[PDB]
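Next up: a structure with daraxonrasib.
Order of the sequence lines fixes the chain letters, A, B, ..., with proteins taken first and strands second; residue numbering starts at 1 for each chain. Values below: all heavy atoms of this structure, side chains included; hydrogens, waters and symmetry mates excluded. Order of appearance sets the numbers: ligands from 1, and atoms from 1 within every ligand.
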Amino acid sequence: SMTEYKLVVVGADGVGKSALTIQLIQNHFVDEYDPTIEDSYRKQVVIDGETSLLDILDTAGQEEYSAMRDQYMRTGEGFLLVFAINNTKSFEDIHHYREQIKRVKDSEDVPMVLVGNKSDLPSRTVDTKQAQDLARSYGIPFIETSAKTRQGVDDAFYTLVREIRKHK
Amino acid sequence: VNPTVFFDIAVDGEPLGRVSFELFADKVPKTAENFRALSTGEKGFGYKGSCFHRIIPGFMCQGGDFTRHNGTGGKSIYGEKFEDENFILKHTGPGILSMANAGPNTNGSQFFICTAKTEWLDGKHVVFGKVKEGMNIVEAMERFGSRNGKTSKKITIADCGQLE
Ligand SMILES: CCn1c(-c2cc(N3CCN(C)CC3)cnc2[C@H](C)OC)c2c3cc(ccc31)-c1csc(n1)C[C@H](NC(=O)[C@H]1C[C@@H]1C)C(=O)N1CCC[C@H](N1)C(=O)OCC(C)(C)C2
Ligand SMILES: Nc1nc2c(ncn2[C@@H]2O[C@H](COP(=O)(O)OP(=O)(O)NP(=O)(O)O)[C@@H](O)[C@H]2O)c(=O)[nH]1
Ligand SMILES: [Mg+2]
């Protein structure tokens, strides 16, 4: 029976966590803003020839409830660290998310992928090199995405599965 | 003299009962007047026919998206959004009526009714009314909710208006 991977999508509010996940699951793009409480999804995929079951937790970006992330971080196996390439604050927020995951899991070695979303917009404030340099300093992959065009959507989730496989 | 408004609630179209609200026009007149006008429909749009899209037991019942009917919309009588009028009033317990928002100065038509004290919302959401009659209707709406707020039946404002 196929292996199950517990993926968790985290990042500041409005960066496109839900748009990315719904693109993966439903193959369409939500242009409206429906702020998340918490949602979970399942999808089977084939990655590197091996069929895998993705269990995706789409989390809230509200800073107000930062204290309540610990339980889903304990449970999750791999994390998409999502920022938006036109939102320098959400890029700055990445550090806090990663440090929080490391603390809660008490490990330097947690599967993660840095995701720079909204690559379709012209208003970029975070240079790709900055993001790439940050990913390299974390030792994790960096994927540029657009939930609107689907660019990189599969790649971001599949790369995270690959990171979990290497870890196990 | 603070105005009173009513919602007649239905569940998958069957009547549940009436909730009435006192609106604190004496403390938050602009916010109270928006909710009043939207409850009468007098601008040609308002809450009649719209749903409670988010119900989380232990916390609150949220509704008021009459423009998109998916929890993302709504609009005020002043424009799509209006500013936070004041935060004088606090989320003190069950029955508090308060504006939903997407950050500072983004009030539209969405609102929520507390079913418990939610003090961490103080200073962030404008409180502007309280359940007067029918808190048991709000309590009965809770079982149609869930942890993330998805509802298991369609909870609707079948009718609404101002009481004299
Ligand atoms: C951590 C998980 N979580 C939780 C949470 C918090 C706690 N505690 C916090 C307090 N301590 C002391 C005890 C523990 C426990 N259990 C959970 C839930 C049950 O765990 C699944 C909440 C929440 C809110 C948002 C996102 C995640 C969230 C959120 C996401 S957008 C938002 N808030 C504000 C929301 N804007 C909108 O809709 C905009 C789109 C329209 C125009 C809005 O104006 N209103 C009205 C006020 C209430 C709020 N919605 C709402 O729904 O609050 C849910 C609530 C359960 C009250 C809080
Ligand atoms: N142009 C463009 N817009 C995007 C993209 N991803 C998300 N958006 C838009 O950004 C807004 C917020 O998206 P959403 O997926 O809800 O973000 P979130 O990270 O899930 N927000 P929350 O933390 O509140 O749950 C929506 O208007 C959505 O259409 C993208 O790649 N390109
Ligand atoms: Mg979301």
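To find every copy of daraxonrasib, look at ligand 1. Within 4.5 Å of daraxonrasib (ligand 1), most heavy-atom pairs belong to the chain that UniProt identifies as Peptidyl-prolyl cis-trans isomerase A, N-terminally processed.
Other chains contributing a heavy atom less than 4.0 Å from an atom of daraxonrasib (ligand 1): A, B.
Applying a cut-off of 4.0 Å to heavy atoms, one finds the binding site of daraxonrasib (ligand 1) to be A:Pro35, A:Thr36, A:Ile37, A:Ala60, A:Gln62, A:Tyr65, A:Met68, B:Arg54, B:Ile56, B:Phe59, B:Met60, B:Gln62, B:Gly71, B:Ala100, B:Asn101, B:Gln110, B:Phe112, B:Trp120, B:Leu121, B:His125, B:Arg147. Here the heavy atom of the protein found nearest to atom 44 (O) of daraxonrasib (ligand 1) is B:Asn101 N, 2.9 Å. For atom 30 (C) of daraxonrasib (ligand 1), the closest non-hydrogen atom on the protein side is A:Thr36 O, 3.5 Å. The largest share of chain B residues contacting daraxonrasib (ligand 1) lies in UniProt domain PPIase cyclophilin-type. At a distance under 4.0 Å, a protein heavy atom can be found next to atom 40 (C) of daraxonrasib (ligand 1).
Put simply, atom 54 (C) of daraxonrasib (ligand 1) has protein non-hydrogen atoms near it, under 4.0 Å away. Looking at atom 33 (N) of daraxonrasib (ligand 1), its nearest protein heavy atom turns out to be A:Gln62 CG, 4.2 Å. For daraxonrasib (ligand 1), the atoms sitting less than 4.0 Å from at least one non-hydrogen atom of B:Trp120 are 10 (C), numbered in the order shown with element in parentheses. Source organism (PDB) for chain B: Homo sapiens. Looking at the entry, the name attached to chain A is GTPase KRas.
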